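Opening remarks: the structure here includes S-propranolol.
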Amino acid sequence: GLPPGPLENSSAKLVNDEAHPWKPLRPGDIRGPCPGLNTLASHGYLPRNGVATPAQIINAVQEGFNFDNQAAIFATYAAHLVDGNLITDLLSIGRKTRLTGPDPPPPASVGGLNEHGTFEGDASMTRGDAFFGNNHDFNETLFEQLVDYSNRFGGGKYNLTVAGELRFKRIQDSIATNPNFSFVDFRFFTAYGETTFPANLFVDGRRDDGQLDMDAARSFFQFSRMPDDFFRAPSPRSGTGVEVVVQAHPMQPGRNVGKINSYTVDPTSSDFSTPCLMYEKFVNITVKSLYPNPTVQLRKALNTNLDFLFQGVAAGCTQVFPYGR
Ligand code: HEM
Ligand SMILES: CC(C)NC[C@H](O)COc1cccc2ccccc12
Ligand SMILES: CC(C)NC[C@H](O)COc1cccc2ccccc12
Ligand SMILES: CC(C)NC[C@H](O)COc1cccc2ccccc12
Ligand SMILES: CC(C)NC[C@H](O)COc1cccc2ccccc12
Ligand SMILES: *[C@@H]1O[C@H](CO)[C@@H](O)[C@H](O)[C@H]1NC(C)=O
Ligand SMILES: *[C@@H]1O[C@H](CO)[C@@H](O)[C@H](O)[C@H]1NC(C)=O
Ligand SMILES: *[C@@H]1O[C@H](CO)[C@@H](O)[C@H](O)[C@H]1NC(C)=O
Ligand SMILES: *[C@@H]1O[C@H](CO)[C@@H](O)[C@H](O)[C@H]1NC(C)=O
Ligand SMILES: *[C@@H]1O[C@H](CO)[C@@H](O)[C@H](O)[C@H]1NC(C)=O
Ligand SMILES: [Cl-]
Ligand SMILES: [Mg+2]
């Protein structure tokens, strides 16, 4: 389907409403590394089994949380291209599942959002690095560290100052312990943006003060559950305030090189000075390497989804065409 447009009415409103109650997981229901999508599934803004189309995802993030359209489009089509089934138009928000349909050939994985190194990556706030065995479940120890950082830098609330400190702490901990730590290109970007989302989108929209309380934080991060009477944000947004997070502890993109404490800067990575390069590498390298020589129907699906992806790219970038036009 065509990507949905922006909300006709983007006011704050009750989103934990009669039509969208929280329900617990049934056997087979899939949740993954994204507390936003998890919460939308657990309130029925998405299918409750956690398998959805790109259009369903875009509508859900807008309706349920007031995620802005451009961000919704870029994130959703990026995820779908690398983790979803392009023929069936289905993406798992978590683990790989037969519910997304017949798989394409190797080397494409169609691994859902749980697939490490495509969208999901290291130094997540409340999820462990894939190297440590589980990149998707809520981790209590990591959440308690988020609480501790909120106590120390946020007066007990999570805000952009807390985000700046916690983002850096998680990077440093991965450098110290994960010999395979990777922090380049798309993950370098998303790792920063995601730390703003709890302050911008999990804060009740009647307040919109950037100060997330720990009861609400746990509700979203652990239980995929909106607080009782939760109002979404009062305008469309995504990653505003990311500048505060970066400014706290500016980092270069890089990786450990097969040992702990060996963080080595990658001069071929994009960074915040080269946003168009991030897009170009995502398409030319990441997507292309999953689908190096697609058959006719896959090529058509790839090109359609790549056109949609480009709608979410910041103005000023040039579209690239890995499979021609
Ligand atoms: C628009 C479609 C979206 C997709 C496909 C998506 C997918 C993902 C994925 C795969 C991750 C894993 C990144 C990591 O390794 O840490 C992630 C991180 C995250 N996403 Fe989303 N996301 C979307 C939008 C949203 C929205 C709307 C919210 C909030 C309303 C949100 C909140 C988060 C948070 C908080 C994290 C980091 C969680 C943590 O580090 O513990 N995302 N997202
Ligand atoms: C169904 C689900 C939302 N139940 C919520 C729990 O009964 C209450 O949750 C909680 C409430 C208060 C503190 C906590 C600390 C750790 C883990 C959970 C906590
Ligand atoms: C509302 C609009 C200005 N948002 C786009 C800006 O680049 C801010 O958002 C973002 C900034 C930086 C990284 C991110 C990663 C994923 C999603 C959004 C991100
Ligand atoms: C630090 C701040 C000023 N910059 C934020 C970044 O420029 C956000 O960039 C981006 C964030 C998310 C997706 C994208 C897709 C294409 C191009 C740029 C994207
Ligand atoms: C790897 C890359 C060069 N190939 C992508 C495209 O297959 C390039 O060739 C093609 C270009 C245009 C239309 C086509 C239709 C079916 C199969 C191939 C087509
Ligand atoms: C937009 O929605 C809000 C909240 O539901 C409502 O109060 C407002 O009147 C709506 N505006 C229009 C133009 O319908
Ligand atoms: C290790 O890093 C490589 C390349 O950076 C990646 O392909 C692989 O999935 C990573 N594995 C884990 C468990 O981190
Ligand atoms: C949670 O994260 C901690 C700290 O990184 C780690 O030691 C632990 O194994 C993780 N998993 C669980 C299930 O607690
Ligand atoms: C975070 O909270 C602390 C304590 O209230 C405050 O000093 C800091 O200015 C806050 N930061 C933001 C970005 O709101
Ligand atoms: C991506 O490929 C296009 C050709 O399709 C090329 O013009 C562009 O320079 C490439 N960009 C990168 C970063 O490789
Ligand atoms: Cl919007
Ligand atoms: Mg992760």
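Residue numbering in chain A adheres to the PDB entry, whereby the residues present occupy positions 3-327 in order. All values below were derived from every heavy atom in this structure, side-chain atoms included, with hydrogens, water molecules and symmetry-related copies excluded. Indexing begins at 1, ligand by ligand and atom by atom, following the structure's order. So how was this one determined? The header says X-ray crystallography, 1.1 Å.
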All copies of S-propranolol:
ligands 2, 3, 4 and 5
In this entry, what is the main binding partner of S-propranolol (ligand 3), named as in the PDB entry?
Aromatic peroxygenase
Considering only distances below 4.0 Å, what other ligands or ions surround S-propranolol (ligand 3)?
ligand 4 (S-propranolol)
Sub-4.0 Å protein heavy atom near atom 4 (N) of S-propranolol (ligand 3):
yes
Could you establish whether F191 and S-propranolol (ligand 3) come within less than 4.0 Å of each other, counting only heavy atoms on the residue side?
yes
Could you tell me whether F199 approaches S-propranolol (ligand 3) through its side chain, its backbone, both or neither, with non-hydrogen atoms closer than 4.0 Å?
side chain
What I want to know is whether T242 and S-propranolol (ligand 3) share at least one N or O pair that is separated by under 3.5 angstrom.
no
Just to confirm my output: which protein heavy-atom neighbour is closest to atom 11 (C) of S-propranolol (ligand 3), and how far is it?
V244 CG1, 3.8 Å
Against heavy atoms of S240, which atoms of S-propranolol (ligand 3) measure under 4.0 Å?
1 (C), 2 (C), 4 (N), 5 (C), 9 (O)
Out of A80, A77, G195, whose heavy atom sits nearest atom 14 (C) of S-propranolol (ligand 3)?
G195
Could you tell me whether atom 1 (C) of S-propranolol (ligand 3) has at least one protein heavy atom nearer than 4.0 Å?
yes
I'd like to know the organism the PDB gives for chain A, please.
Agrocybe aegerita
Which residues form the binding site of S-propranolol (ligand 3) when counting heavy atoms under 4.0 Å?
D70, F191, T192, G195, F199, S240, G241, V244
Taking a 3.5 Å cut-off between nitrogen or oxygen atoms, can you list every pair linking S-propranolol (ligand 3) to the protein, with distances?
{"residue": "S-propranolol (ligand 3)", "atom": "4 (N)", "partner": "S240", "partner atom": "OG", "Å": "3.0"}
{"residue": "S-propranolol (ligand 3)", "atom": "9 (O)", "partner": "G241", "partner atom": "N", "Å": "3.4"}

